[PDB]
**Student:** 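The following block contains the structure, expressed as structure tokens.
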Amino acid sequence: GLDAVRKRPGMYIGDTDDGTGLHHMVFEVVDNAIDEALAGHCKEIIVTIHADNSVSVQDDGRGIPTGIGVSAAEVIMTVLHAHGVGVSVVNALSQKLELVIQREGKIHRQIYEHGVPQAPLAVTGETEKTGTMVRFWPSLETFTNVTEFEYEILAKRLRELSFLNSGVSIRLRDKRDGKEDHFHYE
Ligand SMILES: CO[C@@H]1[C@@H](OC(=O)c2ccc(C)[nH]2)[C@@H](O)[C@H](Oc2ccc3c(O)c(NC(=O)c4ccc(O)c(CC=C(C)C)c4)c(=O)oc3c2Cl)OC1(C)C
């Protein structure tokens, strides 16, 4: 797993030099979010392009199962297959990834670096909401040439996903210039 995806990134995520793979990192995370909506638990997904060239995806689904050794969420984030290659591949190809889960009345947080957790999933507070939030900074040792996220590419796929999932609200936000969109087609 981990190490092997790192050694041959292209085979799993696509062209690492023309931007195809870069944007598909985002799509893989969104697809995971889409599932929680297809399951009948998620109603709105928010995708954000931060000014430090990172992307975050948040939803209001159940939240990735926590609790145990390692929590079920850590297994999902670090074990290959524990088009959809998983967040585990996205995590291994990110120089930094931030994971936040709201489930069973608690706020859980964890940081990853090139797929390795700096520490175990920790509880940092109470909450009465549920949902998952993943924010990742693409590894510049893997991705070359096109290294910055393009809004139009994201907007194009997010719209098609909206039409194929009538009912789920999808919002796109660019913090680099204030652009924003809301897809909710019929
Ligand atoms: C990357 O994660 C994805 C999710 O991505 C996301 O939700 C996601 C990623 C990024 C963003 C913003 N959203 C989403 O694809 C999808 O979600 C599921 C898919 C199935 C279940 C499920 O059967 C439940 N039933 C339980 O009783 C339960 C309780 C304890 C427990 O140990 C397990 C087994 C553990 C796992 C991980 C299935 C199940 C439940 O409670 O929750 C689930 C969730 Cl949250 O699959 C993941 C593998 C967990």
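For the single chain, residues carry numbers from 1 onward in sequence order. Indexing begins at 1, ligand by ligand and atom by atom, following the structure's order.
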**Student:** Mind telling me the name of the drug at ligand 1?
**Tutor:** clorobiocin
**Student:** Supply the name from the PDB entry of whichever chain has more contacts with clorobiocin than any other.
**Tutor:** DNA gyrase subunit B
**Student:** If the cut-off is 4.0 Å to any non-hydrogen atom of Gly63, which atoms of clorobiocin fall inside it?
**Tutor:** 45 (Cl)
**Student:** Could you list the atoms of clorobiocin found under 4.0 angstrom from a heavy atom of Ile76?
**Tutor:** 1 (C), 2 (O), 37 (C), 48 (C)
**Student:** Does an N or O from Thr132, backbone or side chain, lie closer than 3.5 Å to an N or O of clorobiocin?
**Tutor:** no
**Student:** Taking 4.0 angstrom as the limit and counting only heavy atoms of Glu36, give me the atoms of clorobiocin inside it, by number and element.
**Tutor:** 7 (O), 17 (O), 18 (C), 44 (C), 45 (Cl)
**Student:** Atom 25 (N) of clorobiocin: which protein heavy atom is closest, and how many Å away?
**Tutor:** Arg62 NH1, 4.5 Å
